[PDB]
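Heads up, the thing below is written out as structure tokens.
Lettering of chains follows the sequences in order, A, B, ..., and the numbering in each one begins at 1. Ligands are counted one by one from 1 in listed order, and the atoms in each one are counted from 1 as well. All values below were derived from every heavy atom in this structure, side-chain atoms included, with hydrogens, water molecules and symmetry-related copies excluded.
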2 protein chains.
Amino acid sequence: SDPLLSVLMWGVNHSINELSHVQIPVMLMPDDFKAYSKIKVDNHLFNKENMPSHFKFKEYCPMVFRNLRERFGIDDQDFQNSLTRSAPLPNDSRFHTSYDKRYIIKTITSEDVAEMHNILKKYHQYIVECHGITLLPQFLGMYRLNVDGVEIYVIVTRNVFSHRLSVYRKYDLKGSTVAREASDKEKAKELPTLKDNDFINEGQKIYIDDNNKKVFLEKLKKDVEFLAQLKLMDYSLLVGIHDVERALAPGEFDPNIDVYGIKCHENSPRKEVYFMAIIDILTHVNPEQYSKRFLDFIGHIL
Amino acid sequence: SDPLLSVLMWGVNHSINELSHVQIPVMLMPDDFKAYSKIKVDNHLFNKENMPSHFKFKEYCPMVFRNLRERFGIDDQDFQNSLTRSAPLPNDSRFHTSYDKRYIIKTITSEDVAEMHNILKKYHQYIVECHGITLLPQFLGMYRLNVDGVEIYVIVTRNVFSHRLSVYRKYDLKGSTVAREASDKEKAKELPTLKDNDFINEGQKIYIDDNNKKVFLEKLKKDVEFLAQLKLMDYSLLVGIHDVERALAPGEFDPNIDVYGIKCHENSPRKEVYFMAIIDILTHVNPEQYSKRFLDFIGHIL
Ligand SMILES: CC(=O)c1c(C)c2cnc(Nc3ccc(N4CCNCC4)cn3)nc2n(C2CCCC2)c1=O
Ligand SMILES: CC(=O)c1c(C)c2cnc(Nc3ccc(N4CCNCC4)cn3)nc2n(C2CCCC2)c1=O
């Protein structure tokens, strides 16, 4: 009963079925980065229960995104199911998550789409270079939906948080000089999103061991410098904490599905798993400063 | 490598997948007879190996045709497979048959489409009345294909002939006053299509028993009178003879797939199965005369 949502599900379904007939090459050509597929549907006096009568659906660079999915260890059939088997769920009073909590579906602006197009080749090559091991967003699909006059753009990414294990505390850190704090309107929703100073206040610590910390920051440095290089800024580190005590394995996670998980070290006051990655990178006081400033912060909290 | 053919296969595939999400009602509404679905595809720098970059596909009254398929004992998944699993084969120097010889795919004119629309409700009701037992064409699907500038209309019907058992001799009878005979250009192709006088010459007999003859002509009368009633004429009886001696069951056929089969009677000079039905009905000296004249002929040859 959300028409835009059902066009998306329809669109992803259509998209993955078409690609299932297209031979997967090992390389992308420069044209794959300029490519798209467009489908206009006009149903007259037919199929009213499921679909709108008039909708358009556009996928950007379908070959590039399939290549990315593969590189992030995502199988097209699973991706299709996660997005289609049952409707994605809305998240605030905004974004959606797939019914299985695996994927995030964010509405973005035509500006954001333009920027994504702009960085896609370099983004792809970066993913190739690091063999998919990164704390960058994992962009999996990018679409344009049209439902009789309304036009929206969506991007699909991997969830930073676990699909199984809940997260009682969420942070969003930038390490900025200006003060960042959470709304009391937000604090009163079951799961709030705290910011820099909610953290830098109530004594929040991340208990990971020195190897795990080394790996993470090495990754973060490479990622962040690549973002700097692209003149990108205003991105956050999304930090989620799962308290094992409150909520198969009786506390362990699948490291091949919940890629951003790190177990706490043995002397950790409480049994905790952490989920950390970069989010929200498509905004284009300066990029080169922001990067090292962001890195300073994350170092001092870990 | 025939673009129009691959849009058809693409279109049937798309059509049956969509309908698989639509609830099947037991009744059609008057709007189902005015309905259609339209899909415009624009691929830029994508999917060139399989599809054209720009094509349109239109299905007419998709609910009505699905209802007909069901009434003729055809399952949508099978129909999808017969048309998609492998390309339909061309037939002359015209029409196509599905790779499994079950369905015929004829190109028709916009006139023919208009006439089909015109008779569809009455056609449907007739099929309902006779519980699908008829010698009329079984119309299963009707489409419009557009491949960059070229526009064609196709209709899909059940084959009059068997999908397994070959047919060494084919006739096409109208019972007309003017002389009808086959071309020598035709006679020289492996399987010719003989006409009224090729039959009325070389002593062709149809050896069926008196019950089978009674059933057939009762059917034929009802069918033909319905065609008359619609002011339709210029239709033929397509007669195919299978010689058991020349070419599982060692001579018997599936009466649920090869619906138009009749075994010969026990005293038949040779072991023969006959395949007879009406074809080519969409041309709109008069209809009422043609009918009884057609019936006179078929009576005198059986
Ligand atoms: C496109 C992004 O960079 C991006 C990613 C990758 C992402 C990944 N996992 C998320 N997983 C999340 C993020 C937040 C929650 N919450 C649960 C309850 N509501 C408040 C926060 C749950 N799951 N959220 C993500 N976002 C969201 C934050 C901005 C709007 C979408 C994103 O932009
Ligand atoms: C739309 C029709 O009325 C119709 C039907 C139902 C039909 C059914 N079975 C056929 N089965 C046939 C008909 C003819 C052959 N031949 C095999 C070799 N070439 C010569 C004839 C094989 N199978 N052919 C049919 N035709 C054809 C005759 C006119 C053009 C299509 C049709 O119009």
What would the PDB label the drug at ligand 2? palbociclib
Specify the chief binding partner of palbociclib (ligand 2) in this model, using its name in UniProt. Phosphatidylinositol 5-phosphate 4-kinase type-2 alpha
Which other chains get a heavy atom nearer than 4.0 Å to palbociclib (ligand 2)? B
Which organism is cited as the source of chain B in this PDB entry? Homo sapiens
So, for palbociclib (ligand 2), where in chain B are most contacts, UniProt-domain-wise? pipk
What makes up the binding site of palbociclib (ligand 2) if contacts are defined by heavy atoms under 4.0 Å? B:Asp92, B:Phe95, B:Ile104, B:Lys106, B:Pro137, B:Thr157, B:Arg158, B:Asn159, B:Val160, B:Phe161, B:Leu191, B:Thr193, B:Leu238, B:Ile279, B:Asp280
